[PDB]
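A deposited model with avibactam (bound form).
By the numbers in the PDB entry, the shown part of chain A spans 60-309. Counting starts at 1 for both ligands and their atoms, in listed order.
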Amino acid sequence: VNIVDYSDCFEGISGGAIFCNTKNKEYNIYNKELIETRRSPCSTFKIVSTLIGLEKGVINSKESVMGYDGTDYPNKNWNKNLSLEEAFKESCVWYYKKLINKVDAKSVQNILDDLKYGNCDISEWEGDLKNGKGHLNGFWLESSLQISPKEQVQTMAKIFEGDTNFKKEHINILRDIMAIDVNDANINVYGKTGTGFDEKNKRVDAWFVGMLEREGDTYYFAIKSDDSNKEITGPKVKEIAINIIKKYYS
Ligand SMILES: *C(=O)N1C[C@H](NOS(=O)(=O)O)CC[C@H]1C(N)=O
């Protein structure tokens, strides 16, 4: 465990980072207190909910559809019968809500328990209804389920090193749809953003979680901001994460 200083890449934004290479158990940690603090995963839960849906047969491939019903949404790309790949990349809430609501709560509880997914608390299945957004809510969106950045990395490692019971075919579907382009062909980066606002503490939950492959070595990582500035989003923390990867992990 090496404590490191990534502050320059954070460019004044409050946050922390953890990178882990499980081949040589080297843990690089910036802001240890924050890296161990549990918070809502927000849209980073799509990594796990995709695997749940695949395991239960609700979806089957990166083409799979969830039967769009014509409801009007402000994001143009949500207004279609989009595939799993598109729903993941567009963070389509209705698709992932419909997917998870086809799965019984005990199945979800047991999968989160097996993954050690933070507090594994799905008690508020409906999510944070007091925000007024109704069915555009759930236990993983600023609600009962909470996970620390370190636990995110531990979960990512368990999944992608083949240490869970999820099918290898399903893990490869997730790998494919998580791949991002960082304009450097010598590293393969995979990840997912998440954005929430913690109404209790007046702080954002801005995430980028994923993995980095660079010539035989693999690093599992989680970058997290808790800034009070509502402008700080998942996509913004992904930029920060990419800056760290290019500076320290290339
Ligand atoms: C996920 O955190 N969410 C879904 C959607 N995409 O967020 S992301 O760009 O950080 O991946 C909008 C924000 C949030 C939500 N409100 O559900």
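- One finds avibactam (bound form) in this model at ligand 1.
- Ranked by contacts, the top partner of avibactam (bound form, ligand 1) (the one with most) is named in the PDB entry as Beta-lactamase.
- Covalent status of avibactam (bound form, ligand 1): bonded to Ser102 OG.
- Distances below 4.0 Å separate heavy atoms of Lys251 from the following atoms of avibactam (bound form, ligand 1): 11 (O).
- Below 4.0 Å from some heavy atom of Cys101 lie the following atoms of avibactam (bound form, ligand 1), by number and element: 2 (O).
- Of the protein's non-hydrogen atoms, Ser102 OG, 3.6 Å is the one closest to atom 7 (O) of avibactam (bound form, ligand 1).
- Ligand-side atoms of avibactam (bound form, ligand 1) in range of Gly253: 2 (O), 10 (O), range being under 4.0 angstrom from any heavy atom.
- Considering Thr254, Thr103, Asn190 only, the shortest heavy-atom separation from atom 15 (C) of avibactam (bound form, ligand 1) involves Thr254.
- The single protein non-hydrogen atom nearest to atom 17 (O) of avibactam (bound form, ligand 1) is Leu200 CD2, 3.6 Å, given as residue, atom name and distance.
- The protein does not reach atom 12 (C) of avibactam (bound form, ligand 1) closely, with no heavy atom under 4.0 angstrom from it.
- Residue, atom and distance of the protein heavy atom nearest to atom 16 (N) of avibactam (bound form, ligand 1) are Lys192 NZ, 4.0 Å.
- Inclusion of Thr252 in the set of residues having an N or O under 3.5 Å from an N or O of avibactam (bound form, ligand 1) is warranted.
- Within 4.0 Å of avibactam (bound form, ligand 1), judged by non-hydrogen atoms, the site holds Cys101, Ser102, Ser150, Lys192, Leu200, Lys251, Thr252, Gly253, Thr254, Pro294.
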